[PDB]
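Below, chain A is the first sequence line, B the second, and so on; all start at residue 1. This entry, so its header tells us, was determined using electron microscopy, 3.7 Å. Heavy atoms only: backbone and side chains are in, while hydrogens, waters and symmetry mates are out. For ligands, and for the atoms within them, numbers begin at 1 and follow the listed sequence. Readers should note that the entry appears only in part, and the reported contacts come from within that part.
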Amino acid sequence: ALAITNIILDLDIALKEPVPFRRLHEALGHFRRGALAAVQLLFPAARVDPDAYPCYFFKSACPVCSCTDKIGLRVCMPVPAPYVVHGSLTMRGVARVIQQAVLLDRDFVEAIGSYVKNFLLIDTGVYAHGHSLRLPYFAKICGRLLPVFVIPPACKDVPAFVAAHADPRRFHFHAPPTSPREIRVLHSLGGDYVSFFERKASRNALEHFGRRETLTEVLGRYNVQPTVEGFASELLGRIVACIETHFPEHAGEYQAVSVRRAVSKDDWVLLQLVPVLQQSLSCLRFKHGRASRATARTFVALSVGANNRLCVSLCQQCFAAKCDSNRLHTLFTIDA
Amino acid sequence: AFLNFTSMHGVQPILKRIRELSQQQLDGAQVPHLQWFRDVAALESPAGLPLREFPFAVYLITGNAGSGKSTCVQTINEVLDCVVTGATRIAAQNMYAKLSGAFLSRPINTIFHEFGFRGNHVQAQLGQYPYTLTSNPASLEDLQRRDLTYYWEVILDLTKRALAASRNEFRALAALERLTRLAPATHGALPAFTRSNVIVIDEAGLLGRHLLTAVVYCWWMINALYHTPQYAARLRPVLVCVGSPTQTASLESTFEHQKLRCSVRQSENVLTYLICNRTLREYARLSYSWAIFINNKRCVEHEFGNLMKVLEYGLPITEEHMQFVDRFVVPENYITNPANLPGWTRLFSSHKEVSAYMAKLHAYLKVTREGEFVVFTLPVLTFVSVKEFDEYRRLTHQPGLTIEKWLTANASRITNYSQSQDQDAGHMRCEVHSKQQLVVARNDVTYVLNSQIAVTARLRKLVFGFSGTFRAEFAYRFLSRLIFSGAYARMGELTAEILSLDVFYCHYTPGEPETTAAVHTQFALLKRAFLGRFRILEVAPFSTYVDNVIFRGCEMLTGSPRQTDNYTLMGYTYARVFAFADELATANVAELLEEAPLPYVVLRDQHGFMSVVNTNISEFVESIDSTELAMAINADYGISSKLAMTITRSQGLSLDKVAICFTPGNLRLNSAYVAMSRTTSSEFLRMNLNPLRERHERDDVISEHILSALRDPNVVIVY
Amino acid sequence: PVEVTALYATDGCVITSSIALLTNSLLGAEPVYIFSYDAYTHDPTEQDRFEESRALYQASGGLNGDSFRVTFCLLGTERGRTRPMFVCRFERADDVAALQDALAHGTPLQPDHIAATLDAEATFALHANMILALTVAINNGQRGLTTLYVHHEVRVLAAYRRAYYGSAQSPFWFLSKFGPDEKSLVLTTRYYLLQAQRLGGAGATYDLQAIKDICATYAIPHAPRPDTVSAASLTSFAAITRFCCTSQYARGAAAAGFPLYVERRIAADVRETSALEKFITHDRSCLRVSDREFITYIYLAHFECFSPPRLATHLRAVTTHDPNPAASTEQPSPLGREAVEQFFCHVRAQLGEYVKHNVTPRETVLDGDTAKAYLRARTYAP
DNA sequence: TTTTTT
Ligand SMILES: Cc1nc(N(C)C(=O)Cc2ccc(-c3ccccn3)cc2)sc1S(N)(=O)=O
Ligand SMILES: [Zn+2]
């Protein structure tokens, strides 16, 4: 819900053998250079001088870096003014740009390359809603993230830079931005398939294999202008007929239910099937007790499949230990 | 015609590497001497066995099933010296089919036959002695000693049998002026390892790691006793291992002789051993010796191919993949119900599950009275002996054990496991007929009538006739026998030409001649005959056989008695033939087989020719006191329905239509990938649940190794 | 002195008949039938070779030499695709008259013509070592061959069938494994068996299917058959031999251009493929991308270079309409240049242009009190 | 759970 103001990257470095600190600090300077180039590329109307723009570095405790598993790093960058980044996917894209920009600078790969077993450094899955990231100045229940100072080459205030790593705002995703006239919100960077490889492969797929029409267009054939409950109505009868033949030990449970539209992806429409009031729908699989079984939710999933035919699936979400808790499972998919 | 192009031009670098790998001379001291294999025979236990390096080379040809790795093997065979082998008899026959479809390939046997595996080795204690590897880093000598200690009860017997056989052979010819190239031809029946150093093992992932060293070891054996010209040239074996590393696994079974608990653990296959061992990846230099075939040809679906890519390469499972595989999920009670998906092979993850489903299918096909498959009952017997189960009970430290409790688990270990534990059968009733000093047991196994069954073991087919439609030198004789059983005047106008009221139904002479010359004399005649009359006026089966048959019920009434091939079950004629009655222990049961008429089951091949086959007999010999003795011989039929099977066995052969029954909790993504990849088209695929949506134990360790191989400049990728 | 390499197959077991021929025994000797032959003279440019070969294979029919040393062979292995059995000189007028007749038409060579012309100085020398090995083995030239024939027949036949392993397979086998077309049946049988290893070159290491594909793209003009005999109307070797000998892919320009065209096609193909694989290997080695995007690149690149349409254009660019190398209609192939133009040069460039190509940015501008509003609303409180 | 070699 909130807007992200700091580029916080989790660098998980793999090691072939222990490393000297000086090599790590030089590699971090190269990383600063590459990341600042990537930032000045992503945010074109900003002014990132890559000799004074402060990047902040933290290393996990494992001098001799006694690292047998990994050099835990966290890199924090202020989002340059007047930009603010919005969206989990937008920061995912920022992370991919930074990651594929740091493995372009010859200095970084020359310095740390002989040590990193896998060149992947940045994890991009810590930006989804509800996913946690270990803050700096904190440990793990084995390594308290403590700052490693890579001073900008032309930093005009060293003491400020050092006493900038201790301010929580510098390492918080949705921190207060540190008299705003204009503000530019980067809220989308295309998506997962904007890579040239992805955009070329998708285009070749259409040329060689064929066009897979989108969900909306396919649904439009069956007089649905997204209304989806309109088709879900008639679909309920077929689904109930299927269950009261193949899954009969809970038959008289979905005789009277109302499709409740819950999730809407452009290729996945999930409508909940709550009845009329709190009588839960017994989980169709993994037979449980009287109360344990009646602790499940049911959904109907319309998608596009096969030779562009609308595929309707019955899905369940169970609150028991036997089934994956709060995970969506499928039971049957029927044609429409 | 353009399909072959990439393979044609990318196999050449492979060919231009195997040649130097095979023409690299070893130093004189590094060559394993004969005295080495003499000392191995002397050694009793595999503990004092000296650390001995056996040099070898490898070249790895890996890829998805449908990659085309077979084109590489084809090009290798016609250009290079090679001994083509196979990990399974089915794979060996598949390679023979695909090598004789281009040129001549000599009969392709299994690698086990090549290194001398015989009958008594089948049930041998292959995991007994221990080894604390003086390793990390593991020297190649230590790895080879581990693989020889693993197979001590096989390596020792092979060495003893080869050695104590005596010396002539090549030793003789080599001294022509003191011509070994012409030696394997003049002196025949010589082991095929004496004439080549390039050994191609196809589907080598079906072999455990213990075999790799073993093969190399055996190679040197057979080139030392015979003093082969390759041994004089100081050449070393190169093992071209062709197989899929992420669609194939090897399993080791050990039977505890008191608990009667046969256990099967997973093992490291040759491919995984070579890819994932730092010692072998350096000695064999897999970086400069690895070819990955990358293209899946039988995939006309983009999304299905993407799913195969993510599963094989270990890529992250995304929501889109879940939604795609969501369109295959059909209920548990829909797959298991025999009325649904007719003609679709059903895979389960348990042999008990298959035994349940086949019985249910038979119940359905009997109650609903389907004349398509008239379910029938056929006897299968077993023959235990009193002395065997007396002495073995004595040696197991427990002399109290019932015979039925003996057959509680050894029924699987008494014959081919696959069909033995995947068959619906009656209780193996036994009574004590000590006439030939035996305890006989007998039950019956229910099949279905007229189904595409497959032969499991090695059977001797005896073709009796041709049950094919009118469409259509000893084969020419059989065609003459067919003709021997061979508008109304207008097609008759051309029929009178055959003559030389149907004109063919006026006068005749015995259609099949006896001598070859007379057969050829009447051959061109009958060949032109059908072409002319049939042209004018083809669905009714032209049923013609050497002897009159009457299929009353299921048993036929042929009066006169005298594995890959997809046969069709027909019926159980008795018609005792001495051809199958090659019976010579074995004679004690031969007498009873004369007593009780052994039924010979009849099968119909792809062409339609009916063939009567022999039965199958298999021994159980395993013990704990190092006393391998012939306990029990199992006489049965050894046919498989090809309608239901296990996921693990599905790895071997591809299937047309597939419905997968997945047990939750036991979900392994490798099993899901293997099950889903047996069919070419994603259209004909149904599943119990979604393997991507359920909790699955993924083991992506070899996947990253292929990925790092796809990320190496010296690895040859062929598209 | 023109030297001919000839593949033959008698009516029945060719091994027994050939051995009886070598022993000068009139017991089993089916007239021999030659079906494929390569003629050469000890020596060249590509057009020099083409002129020499076009001179060798007389357009009217037969060869152009006066004396002929013919080395008959069988399908066997020593990896050589054939194996010689017996060598015959042809210097007399009657000898060459029989050879021209049997080489231009296909009429079988009677046992007399060969048997009176065995080069005993070399014929029995070819298999002399086999005689010695048989003597040594059975213990545990031509008189020796006869004696070993008498002593142990089974081992002699087994040795002459293990060596020359293929021997005679079947009349139908040749029509099966060497294409259904007459072009294949003549030209591919000549090259893959009697011309590949002798002339060396890359084609020595290419398989039968590859050579048949090369023959398929060797699309020289096709004149109709004077007798309109179809390639599938052949039953015995007397039909295959007659088809091949009176064919017009056997005694002239096409028979002279095929060996050179094999070399040309392979050279053009490897020029493009090797370039494409250099790019493939380099980009693969220096990609440094995520695992999924790596697989996407490797499959995308292999498609973008070796797709069915691109391949079809390339094979149409190497198809010939004439065997004369100086009058060839083959033209430069567009495979590698097109692949580099679209996918590879662009990927080398993206190797911060990558950001410009893959950014698709959406930055909404909010100026005024709405900026202050968006700040407090979507950022941790001050 | 788990096939395969004669
Ligand atoms: C438009 C297109 N068609 C493409 N073909 C022909 C293919 O993938 C063919 C294929 C498909 C699956 C596999 C496979 C096999 C085992 C495990 C994983 N995977 C291999 C090969 S690739 C593209 S692309 N790269 O442009 O989008
Ligand atoms: Zn549940």
- Drug identity - ligand 1: pritelivir
- Query: Per the PDB entry, what is the name of the chain that shares the largest number of close contacts with pritelivir (ligand 1)?
  - Reply: UL5
- Item | Heavy-atom contacts of pritelivir (ligand 1) under 4.0 Å: other chains | A, B, C
- Query: How is chain C named in the entry?
  - Reply: UL52
- Message: Okay, for chain B, which organism does the deposit list?
- Response: Human alphaherpesvirus 1 strain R-15
